[PDB]
Every structure is written in structure tokens, then in C-alpha cells.
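Overview of a structure with amitriptyline.
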Amino acid sequence: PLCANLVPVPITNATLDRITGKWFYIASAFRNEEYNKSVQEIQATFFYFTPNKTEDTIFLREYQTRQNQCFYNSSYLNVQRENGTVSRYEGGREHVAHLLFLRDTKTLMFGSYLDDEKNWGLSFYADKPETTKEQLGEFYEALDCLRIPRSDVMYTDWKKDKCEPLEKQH
Ligand SMILES: CN(C)CCC=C1c2ccccc2CCc2ccccc21
């Protein structure tokens, strides 16, 4: 069953435990042009999830590299458990994404606009800044499911990261 993992899955405390920690933004692709535009500029990103299960929020410490600068932000994501989504209002708009999983327990994906063939996309994250060819195939196989060509994928370059020195300064 190839595209079974693109179906929404409710978020439990176990799910929240699973995503607790440091993750690295690996790659994404979208049919939505706004997200293509903003995500293009991303050279690298790592981040921390610290869920508050009682509040259905996730504390986010984000370390983004664009134009060879480090942009650091903290904020809370809201969790909508039945729907398997997480959200965050930012720069005017509410953003929502489905939390989706691959077979590799060391990776995760966020799904944007999943209900819309004109706008859908997937972003891929791993617990290392570099991914194995196995992890990357599971991600491509999820793109294949959304009929998004592999050549549309935007990648981070862990060579380009400027945030390590701030995260340690923290
Ligand atoms: C282009 N982006 C927005 C694609 C979705 C990715 C995420 C995400 C994932 C991991 C760490 C931080 C963020 C921040 C942004 C945000 C806001 C709401 C829901 C999901 C998301």
C-alpha cells in the first residue's frame, strides 16, 4: 500500500513523545507557489520541539539560515489532535500542516494543503542534517503519491548552515 502514509493520523501523547527533540529540515516540494517562494530562500534549518501535552501546544525553537545569516525564533505551535495537524499563525496568516510519518522512525514529514491537488506539498525532516538514500526514497515515494516530480524538490545544504554558533551561544 504505497500512499497509505499520506492519510491524516490523529496525534496522541505517544506521537508527541515521538517528535520531541532536535530535527533537521531536509527537503520539501509544493504545488502552492507562495510556499515555493518562501522556502526557496532557506539554506538550512534545525529546530527543537518541546510539546506541552496538557496544553496541546509545542514549543518551537527554530534556527534558520537564509542569505548566510542565522534567523532564530521561538514560538508555540498548536496541536489539533483529532485532525493530526499542527498550526502556527505567522506574519498575518494561520498555517496548518498534517503530521505524517514514514517507515523510518528517525524522520517525519509535514503535509501542507493536503486536501487540494492545486496546492499540496510535503516537507521532510530528519534527526541528522543529512539523510540516507533509504530515508530519501521514502520521501520521494510520498511525492510520487502526490504526483509531485522529484525534480521539484528544494533541498537544504548542511554546508551552508550559520546557526550552530548561536545555538551554542544559547
Ligand atoms: C513551509 N512550512 C510552513 C511547511 C510546514 C512546516 C512547519 C514546521 C515544521 C517543523 C518545524 C517548524 C515548522 C514551522 C512552520 C509550520 C507552521 C505550521 C505548521 C507546520 C509548520
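Residues 3-172, in that order, are what chain A shows, numbered as in the PDB entry. Excluded from the calculations below are hydrogen atoms, water molecules and symmetry mates; all remaining heavy atoms, backbone and side chain alike, are included. Per the header: X-ray crystallography, 2.2 Å. Order of appearance sets the numbers: ligands from 1, and atoms from 1 within every ligand.
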I'm trying to find amitriptyline in this model - which chains or ligands should I check?
ligand 1
From the contacts in this model, which chain binds amitriptyline (ligand 1) most extensively, according to the PDB entry?
Alpha-1-acid glycoprotein 2
What residues sit within 4.0 Å of amitriptyline (ligand 1), counting only heavy atoms?
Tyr37, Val41, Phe49, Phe51, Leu62, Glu64, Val88, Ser89, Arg90, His97, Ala99, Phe112, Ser114, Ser125, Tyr127
Go through amitriptyline (ligand 1) atom by atom and flag the ones less than 4.0 Å from a non-hydrogen atom of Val41.
1 (C)
Atom indices of amitriptyline (ligand 1) within 4.0 angstrom of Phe49 heavy atoms, with elements:
10 (C), 11 (C)
Which organism of origin does this entry record for chain A?
Homo sapiens
Ligand-side contact atoms (amitriptyline (ligand 1)) for residue partner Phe112, heavy atom cut-off under 4.0 Å
9 (C), 10 (C)
Hey, which atoms in amitriptyline (ligand 1) end up nearer than 4.0 Å to a heavy atom of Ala99?
19 (C), 20 (C)
May I ask you to identify the nearest protein heavy atom to atom 8 (C) of amitriptyline (ligand 1), giving residue, atom name and distance to one decimal place in Å?
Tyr127 OH, 4.0 Å
Mark whether atom 17 (C) of amitriptyline (ligand 1) lies under 4.0 angstrom from at least one protein heavy atom.
yes
